[PDB]
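Drug rilpivirine bound to macromolecule p66 Reverse transcriptase.
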Amino acid sequence: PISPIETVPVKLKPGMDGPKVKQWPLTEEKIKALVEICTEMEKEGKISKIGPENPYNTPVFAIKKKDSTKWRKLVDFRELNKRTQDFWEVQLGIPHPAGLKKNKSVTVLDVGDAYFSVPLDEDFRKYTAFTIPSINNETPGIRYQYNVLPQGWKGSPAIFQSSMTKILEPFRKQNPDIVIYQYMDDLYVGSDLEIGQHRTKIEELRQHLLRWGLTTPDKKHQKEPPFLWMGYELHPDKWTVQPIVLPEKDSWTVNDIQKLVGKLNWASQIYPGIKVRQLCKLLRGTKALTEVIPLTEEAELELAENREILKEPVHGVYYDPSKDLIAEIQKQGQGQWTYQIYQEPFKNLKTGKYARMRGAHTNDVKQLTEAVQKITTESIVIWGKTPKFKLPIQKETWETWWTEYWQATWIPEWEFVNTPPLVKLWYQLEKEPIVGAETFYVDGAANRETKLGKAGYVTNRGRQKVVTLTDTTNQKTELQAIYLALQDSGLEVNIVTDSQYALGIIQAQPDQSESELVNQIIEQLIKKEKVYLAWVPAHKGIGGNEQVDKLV
Amino acid sequence: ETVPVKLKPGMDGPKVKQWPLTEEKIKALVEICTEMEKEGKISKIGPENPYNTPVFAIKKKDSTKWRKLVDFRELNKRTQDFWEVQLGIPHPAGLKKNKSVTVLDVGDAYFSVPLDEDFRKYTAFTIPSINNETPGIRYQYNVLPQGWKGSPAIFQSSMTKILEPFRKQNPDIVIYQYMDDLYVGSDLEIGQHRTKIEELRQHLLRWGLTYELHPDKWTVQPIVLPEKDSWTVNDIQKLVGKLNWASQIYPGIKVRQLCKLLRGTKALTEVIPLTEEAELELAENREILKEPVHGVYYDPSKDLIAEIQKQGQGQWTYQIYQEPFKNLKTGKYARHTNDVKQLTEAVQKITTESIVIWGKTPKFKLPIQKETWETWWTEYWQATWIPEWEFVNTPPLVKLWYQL
Ligand SMILES: Cc1cc(/C=C/C#N)cc(C)c1Nc1ccnc(Nc2ccc(C#N)cc2)n1
C-alpha cells in the first residue's frame, strides 16, 4: 500500500536544482532485470512512467543479489542527496535497557516495504526520475519517477519515522499504558496485560496500522522474546548484553586486542568490575593491525580476572519509577573507577566504569568527583533523575578538599560507604610559613636554544647547590629546583619559588602525574611533615630570588 | 503585521541539540507547550525543519510556577546584524547613575506580534523524552519568542508608543529596554519610586503586562593592601607580588622602596622593620587602587569579559574587562547554599550590573568544570537571558591578588 498520510514538503538546498546525471550503459540482462522490477513496482504505485520533458536523471544499477539467483535494483542518489535539504536528525540518542520499565508481555511487529509505503512530496518527485537504458543504449530508455520514498535518498529515514509517529499518535494517546518503540522499520509492543488481552490490543494496533497503509506480520509468525537489539538481550523482566565469547588464542594481534577491549567495554554495562587498563596498555604505540602483541604479566593477569567475571551470566533489572536510584562507586585501580546503579541491593539496573584522566595531574578527590558528574548526567538521560550516591570518601576529607580548592564544585546528596581503597588526601601544604624551618629560595632555569638547564637553591642557613640538566625546559628546571629543595631539606621546610607554573601544579595537591619528576616531588611531599610553598615575582629583585638567580 | 526578518549573510539557522532534562522539567514543558499551541503561539512541525535550539524550565524566584526558557544564544548570534545595526535599542548613560532602578518583565508583550513566516523555521526547539524512548515533540514559534534579540527589536515601534504618555508625564524617569526586560530608574525617594512603578504598570496593563536595583550603592572593590602591626619577610613578599601585579594595571604604582627590605636570604618567618620610604610608598599605592584605572575606557565594538574567582567562605571576586588587566569594573559578592548556586547567582548579578552599565552582556570565564556547571546551572537560574560562558581554571596567584 501507499499510506494515505499527508506528505512532507521537501526542497533542494537553496542554491541548486535536481541532478542531471547520464546513465551508464548496462549489460543486456541487468537491463532485463530492471524492467521486470520496475513493472512490478509501477503496478503498486511506487513508481510512475514519465514523459522525457523531465530534465532530471539519476543513475541506476542492479547487483545480482546473492547466490540465490534473484536480482535487486539499486539507485545512486549520491547526487540528489548532495543537493537535498538537511532534515531533523532521525533519532539521535538511543534508549538504554536499564531505563525501561518492566513489562508483562512483549511483541515485535515488522513493517513491510516501509519506505515504499510512504508517499513522496509531489513537487519533489520530478527530481527522483531515473532511466532504464536501451540494449547497447541505441534508443531512449524508459523513464520512471518515484511516488514513494526511495531507499538511499537523504530524507527517507526522517520522513518515514515522522510518518510512523504521526500514525501511531492516535493509538498511543488512546492507550497510554501500552508501550511502542519505533526503531526504523521495527515496532515493538509492550504491555502489562495477559497473553489474551495483549494479543487483543496488538491485533487492533495492526488494524489501526492497515487502515494507514502499513502491513504487519500475522499473529502467527514469528517472534517471541528474548529479543536481540542493538547488542542487548531483552526479556520482559530482565535484560543483559548479548552473549560475548572471549577467544582462546596463543597469539594476539593488535586487531584481536581491539575487539577484546571493545567486547569487555561493552560487557562492563552489567558485568561489575571489568578492567582493561592493562590490555589497553598494549595498544599504546604505533603498530599494524596484524602485528602480534605479546601480553604483559599485568595484562595477562587482567585477561584472567575478566575471563572469570564473565564465566557466569549476569542480568540487569528494569526501572521502577517510584524508587530512588542508588549509585555506588569503587576505586578499582589507578585512575580506574567502577560503579553500580541499583534500587534494591544489589540487583543492579546497570554498572559502568570510568578511567578518564583530566589534565596531566589530579588526585583521587578530583577524579571521584568527575565520575559523580559522569554518572549523574548518565542518570538524567536514562531515568530523568539523579541518584543517591555512596562514595568511598569521608565527609571530612571531601569537605576539606573543596573549601580550600579554587574551582567551584558540588555533588548531589551522598553518604560515606566503607569500600576500600578509600580516597584520601596524601599530604596538605601549610597555610602560613613555618617558623624554625629552613627557607629554600629555589630556582630553575633553561637556555631556550641549548635547552641546557641549571637548577638550584640557597637557604637562610647558608646552604647552596646548583646542578645541571640537559635538554629540559624552563618548566622542568623550576620543578627540579623544588624537588631539589625537598630532598636536601628535613621534615619542616619553607620553599620560595618564582615559578607560577610549579606553584599551581603543586598547590593543586596532586597525587598522580604523567610527569616522573612530579610523581617524585609527590613522593617527597608525603614523606615531609610540614611544607610551605610561597611564590615571588621573578627578576623583580627579591631577597633570595636574585641571590640564587646568581647561581643559575 | 510582520517585519521581514533575515539571518546574517552566510550563516544558516542554529542546530543545537537539546540538553537532557529531568522528568520534572519535561512534564512542565509539555503543559506549557500544549497551552501555547492551543493559543497559536507555537505550532508542531515536521522533519523538514533541520534547526534546533535548547529549551528548559525554571521557576522564576520564590515562585511556585514553572516557566519555559529558550536558549537563543546561537540564533541571536546568527541574526546579529539585524538586532543591533538596523533597528537597535540605544543605551542611556544615565541609568547607571540613578538612585533606584526597577526591573520588570515585559516579555509577554512579544507573544502578540506575529513573526515573519519565512523566519519561523529558525526558532525550532525540541521537548526530549526520558531515555529517548519516544520522539521528542517539535515546535516552531509563530509569534515573537522571548529570549530572541529580534523581539525587542521588532517591538521597538510598539513599545515607545506604549510608554509615550508616561515619558511625557515624568520626563525625569529613565526607561531602557533589553530583551524581555524594562529597566526603569529615577532618583525619587524609594516610596515615590515604587508608586511611579505601579503607575507605569497600569499603562502596560492596557496592552498586556501583569525587583529593586540601587546603582549608586555600586562602588568598586579596590585591591586591598593588608594593614599590619609587624611584618614578616613572607608578609612583604606577599605584598610585593601584589603591588607587582597592580602595576600591570594602575599607572603610578611603585615597588622599589618596598622590596628594598627583602635583601639576601632571610627566613620567611623573620620579622623585619618598616622604613619611612616604604611606609610612604605603601600608602601611595593605597590611594591609586582606591581610584578608577587611569587609561581605561569602554569600547562599544568589543565583547565584555567577566572573570570570577572563588574565595571560599562564600566570597567571590570578579572583574570586567575588554582587554585583560584593563579593568572597567571589579567587585565582590557574598553568601540552602552550594558552590554552584552561588556562582550562578553571581553570574546573574554581574550580568544585571553589566546590562545597566553598558547595555551589553559579558562573556563569562567560569572557574568550574564544564560538565559540572552544565548539569546544575539551570537549577538556580532565574533570569530570562543567558550570557555566554567558557570554563577555565583560575591561576592561583590571581585569586589572591584580588582577595579582600
Ligand atoms: C525502548 C524499547 C526497546 C525495545 C526493544 C525490543 C527488542 N528487541 C522494546 C520496547 C517496547 C521499548 N520501549 C519501552 C518503553 C518503556 N518500557 C519498556 N520495557 C520493556 C521493553 C522490552 C522488554 C523485552 N523483552 C521488556 C521491558 N520498553
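The lettering of chains (A, B, ...) simply tracks the order of the sequence lines. Chain A residue numbers are taken from the PDB entry; in order, the displayed residues are 1-552. By the PDB entry numbering, chain B shows 6-215, 232-356, 361-429, in order. What you see below is based on every heavy atom in this structure, not just the backbone, and it leaves out hydrogens, waters and symmetry mates. Indexing begins at 1, ligand by ligand and atom by atom, following the structure's order.
Other chains, heavy atom under 4.0 Å from rilpivirine (ligand 1): A, B.
For rilpivirine (ligand 1), the residues with heavy atoms nearer than 4.0 Å are A:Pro95, A:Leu100, A:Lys101, A:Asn103, A:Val106, A:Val179, A:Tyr181, A:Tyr188, A:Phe227, A:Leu228, A:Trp229, A:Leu234, A:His235, A:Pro236, A:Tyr318, B:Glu138.
PDB entry name of chain B: p51 Reverse transcriptase.
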